[PDB]
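Drug present: pembrolizumab.
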Amino acid sequence: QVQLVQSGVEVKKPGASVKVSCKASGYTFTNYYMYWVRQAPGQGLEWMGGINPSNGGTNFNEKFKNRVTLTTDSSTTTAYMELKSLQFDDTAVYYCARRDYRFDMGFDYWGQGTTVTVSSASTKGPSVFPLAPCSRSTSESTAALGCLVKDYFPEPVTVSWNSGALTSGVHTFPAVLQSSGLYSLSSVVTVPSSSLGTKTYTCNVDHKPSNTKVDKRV
Amino acid sequence: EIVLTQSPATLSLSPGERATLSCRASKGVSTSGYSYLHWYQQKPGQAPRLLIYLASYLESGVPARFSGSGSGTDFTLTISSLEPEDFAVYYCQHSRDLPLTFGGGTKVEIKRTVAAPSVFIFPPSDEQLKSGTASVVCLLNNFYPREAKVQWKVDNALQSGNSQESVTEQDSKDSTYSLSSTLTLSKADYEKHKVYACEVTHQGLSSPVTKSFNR
Amino acid sequence: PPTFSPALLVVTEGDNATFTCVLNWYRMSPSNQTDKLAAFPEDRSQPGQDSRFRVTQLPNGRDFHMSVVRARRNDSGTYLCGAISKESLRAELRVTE
């Protein structure tokens, strides 16, 4: 059924090691070579190594030599990727891709991806602050309000507005990583200025890793 | 070692016009009548998807709308009639030698008539300042092209390196961006000034817009 | 289909061995287990490829040379070549000490 499935998300400290798995199913396992590709957040792709499951031979990008171990298991049709002495720039999405062993006809099939995050930060719930204009109302019909979700680790957060009833014209921005190692993002909404004192507007912020849920209103 | 440089970084057309991408290798990736050059399509948040392999050959299941060509060391991915799904990133990769490398990708976007952003400024919230930090948010909503010079500006001296931008992925119905710049100060350094202005420069504006507040 | 000759080849250890068959060169293991050793053209991205297995091309005649250098005793076994763009019949090699 020609589809690879990778292991769960990983959050490691610098100097630690991570072992990602890639389970193949429904093709002749030893009839395809396995390659590992990674991609740092919002960047291009970087090849790490390749493995031949029939005998265990390996290819290596030299940037990871003696830092990466690629292993295979014919019994469970599962390839592994172990990245040791993790660095901060190793934060990326790690893929496994298969390639025909008869000849290279491209990486036809890829796994869903495993996100690995290397940081010295500890899990922390976000602080939420209102985004409201300094002085409400000129006669311009549409005003903008929102919430600032700041100082949390790690990703991700889910922001909804007014218990999810209001979604028209909502922009929750991609989280950015601050100097402290904590992510921060904003949730924006444009509404009628006429229906500002009339209606009530709340963002509800959920960060399940920290188990923190906070309702804030503007 | 071989590097591939896709030219150029970004294109943008309406769901119909011909799309032509380029992949431009440092050295020769063609040998014995075979070019170790493949093309993948990646939409945000998902694994890449191979379309053309070995320069010319098309991967099964992929529409004939895509076509690969070129040889020796010059290659071109050609898309003729686009659909809404087709707008994404496209990478080329070589297998001529080790290590395997990828192009930086080419992002194809939806070109619209230039739209001007609605600018909004946000002061820090009483809740946040007594925690000891002041965060000022400037919001740009619905604007094309993406290039926007967002300058933070505090009491007629220019702020440098204390802000962060964040650009949405193109929204679906409008395919225009939205941006949010956040400036961070210590609350102490924050209350030693008065006017906090966000100067937005954009093509779809005859002149820059300034949104400000007084503390 | 190509010929892949000789139908069986016997050589001494350390002595080269060559057959005459994209073009792939497999050795056959059990239960339909097959592993490619070399290929024309050379496969660069093949993990752990054994350099002693070469597949030079002759001038012409669609002639090819499947050469295994400095043979080992365990190199003896079951070899065939195929063309991809159909197997060719099974030609053998035994290694003597």
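Chain identifiers are assigned alphabetically from A in the order in which the sequence lines are presented. Residue numbering in chain A adheres to the PDB entry, whereby the residues present occupy positions 1-218 in order. Residue numbering for chain B follows the PDB entry, covering 1-215 in order. Heads up, chain C uses the PDB entry numbers, so what you see runs 34-54, 64-127, 135-146. Determined by X-ray crystallography, 2.9 Å, according to the entry header. FYI, side chains are in, hydrogens and waters are out, and symmetry mates aren't considered; it's all heavy atoms of this structure.
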Next on the checklist: Can you help me spot every copy of pembrolizumab here?
Outcome noted: chains A and B
Next on the checklist: Just trying to sort out this structure - which chain has the greatest number of contacts to pembrolizumab (chains A and B), name per the PDB entry?
Outcome noted: Programmed cell death protein 1
Next on the checklist: I'm looking at pembrolizumab (chains A and B) in this structure - which UniProt domain of chain C has most of the contacts?
Outcome noted: Ig-like V-type
Checklist entry - Ranking the chains of pembrolizumab (chains A and B) by heavy-atom pairs under 4.5 Å with chain C, which chain ranks first? => result chain A
Checklist entry - Which residues of chain C does the epitope of pembrolizumab (chains A and B) include, given a heavy-atom cut-off of 4.5 Å? => result C:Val64, C:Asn66, C:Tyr68, C:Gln75, C:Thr76, C:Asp77, C:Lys78, C:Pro83, C:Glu84, C:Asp85, C:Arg86, C:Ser87, C:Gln88, C:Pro89, C:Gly90, C:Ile126
Checklist entry - What is the paratope of antibody pembrolizumab (chains A and B) towards chain C when heavy-atom contacts must be under 4.5 Å? => result A:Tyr33, A:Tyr35, A:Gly50, A:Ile51, A:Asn52, A:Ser54, A:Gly57, A:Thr58, A:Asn59, A:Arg99, A:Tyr101, A:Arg102, A:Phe103, A:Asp104, B:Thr31, B:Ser32, B:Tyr34, B:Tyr36, B:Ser95, B:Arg96, B:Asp97, B:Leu98, B:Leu100
Checklist entry - In the PDB entry, what is the name of chain A? => result Pembrolizumab Fab heavy chain
Next on the checklist: Quick one: what name does the PDB give chain B?
Outcome noted: Pembrolizumab Fab light chain
